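Note: structure shows lesinurad engaged with Solute carrier family 22 member 12.
All residue numbers refer to positions in the sequence shown, counting from 1. Computation of the quantities below employed the complete heavy-atom set of this structure, encompassing side-chain atoms and omitting hydrogens, waters and symmetry-equivalent molecules. Just so you know, ligand 1 is whichever comes first in the structure, and atom 1 is the first atom listed for that ligand.
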Amino acid sequence: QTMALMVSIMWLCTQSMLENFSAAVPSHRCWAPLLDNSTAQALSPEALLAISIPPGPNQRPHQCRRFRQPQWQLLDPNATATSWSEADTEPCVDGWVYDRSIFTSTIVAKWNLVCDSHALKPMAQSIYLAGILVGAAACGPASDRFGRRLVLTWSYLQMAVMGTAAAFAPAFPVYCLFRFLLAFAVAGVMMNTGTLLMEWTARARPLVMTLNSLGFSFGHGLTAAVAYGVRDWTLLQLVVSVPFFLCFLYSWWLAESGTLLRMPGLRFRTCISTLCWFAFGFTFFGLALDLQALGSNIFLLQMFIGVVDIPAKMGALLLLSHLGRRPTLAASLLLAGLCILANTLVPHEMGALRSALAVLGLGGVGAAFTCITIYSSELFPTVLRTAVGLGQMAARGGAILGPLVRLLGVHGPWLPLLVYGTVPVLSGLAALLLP
Ligand SMILES: O=C(O)CSc1nnc(Br)n1-c1ccc(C2CC2)c2ccccc12
């Protein structure tokens with residue numbers, strides 16, 4: 001039925017967005033003896049934190065350096081500011097402490113994802129998306145040979161097992177492998193859902209595609225409340241994977257109660273489609289995974305993203321039916337690109353405006369995804385329609401490369417967002433040439 005696949009391409013969105021909350025990095029500082037030892041450290045904890053940790057980014061105490069000896073020269077206003085030397089610091093050998101106000105436990109606070117290993121979280125997202133790519137590439141022959149229902153049930157069981165395992169992962173590589181297998185099963189379920197919704201009913205293909213997109217949006221909106229309700233990432237993953245264990249009951253229906261010509265032929269349309277899919281993947285899996293910097297409140301940001309993406313992807317079908325495929329797609333791409341660029345243009349103090357621009361950009365890239373999905377069914381004739389598979393593969397590759405460009409934040413906090421805003425502009429300018 002349609003409602004079952006809607007629930008199960010919600011919970012998939014919930015599982016995908018769980019990385020945006022479980023991998024969130026709270027405000028952390030170096031473990032200092034004058035702040036975490038017994039009472040003998042003494043009053044005025046702010047002064048102790050200032051004299052125990054040097055300043056860093058955003059005029060805040062350095063999250064990566066600690067003073068070996070208390071520098072009393074910094075607290076006295078009669079002494080000059082920034083008088084300490086670099087040799088007085090240490091590379092945080094004693095460890096780090098994290099703020100338990102917003103999140104009680106995360107994968108960053110558990111395995112100490114700090115500046116020395118800050119690339120692990122984008123590397124974790126890249127490994128997750130690589131597992132998605134591997135699953136989407138492998139489940140093809142599996143679904144073609146063993147049947148779609150068998151591979152669907154196996155992928156559901158694998159999802160549940162890997163979620164339950166990652167909810168209690170003792171090490172970082174073990175958690176990475178668990179996420180890799182979970183992404184394999186996620187991509188299997190995604191491919192099965194797509195290939196089933198493409199030919200179950202269909203004239204109603206755009207209608208069922210927009211229904212699946214609205215289900216995805218419902219999942220986007222529900223995962224925010226789920227993360228707001230559960231402050232522990234372990235219990236969060238547990239209660240997110242439990243619905244898959246419940247949906248596993250539908251196995252076996254309650255127990256019975258090649259195509260390489262896409263490159264030479266229509267090469268222009270092919271490369272344009274792969275470029276749009278790559279751009280969509282890039283922006284979506286680079287922006288939806290770092291919502292902490294795009295707004296002030298991650299839960300409210302995701303809620304607004306969902307509540308504004310619902311009508312956007314709703315009216316996307318009206319726009320496609322009235323104005324056409326190419327013009328509305330180019331318009332949505334250019335709008336998303338301009339919004340993400342203005343998100344870097346606006347100062348960081350305008351948090352509400354930054355959040356609104358992020359929501360608008362996410363709605364625009366979702367509308368662009370809907371538009372390219374509708375357009376892929378008509379860009380190529382029936383004799384060439386694995387063009388859609390190549391487009392999805394290019395989108396998954398762009399997704400994989402997504403978190404890898406986030407490492408450019410060392411050279412500047414706007415460079416990843418600058419790329420995420422510049423790519424859709426060129427994507428729309430290239431799609432404007434479509435027939
Ligand atoms: O075509 C493909 O299957 C890969 S496209 C892609 N890239 N990042 C992501 Br999230 N997705 C997406 C993958 C899958 C879906 C739906 C549930 C079936 C999505 C729905 C809306 C937006 C993006 C989606």
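Measured between heavy atoms, the transmembrane segments of chain A lying under 4.0 Å from lesinurad are, by UniProt's N-terminal count, 1, 4, 5, 7, 10, 11. Measured on heavy atoms with a 4.0 Å cut-off, the binding site of lesinurad is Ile9, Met190, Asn212, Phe216, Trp277, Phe280, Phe284, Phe285, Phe369, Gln392.
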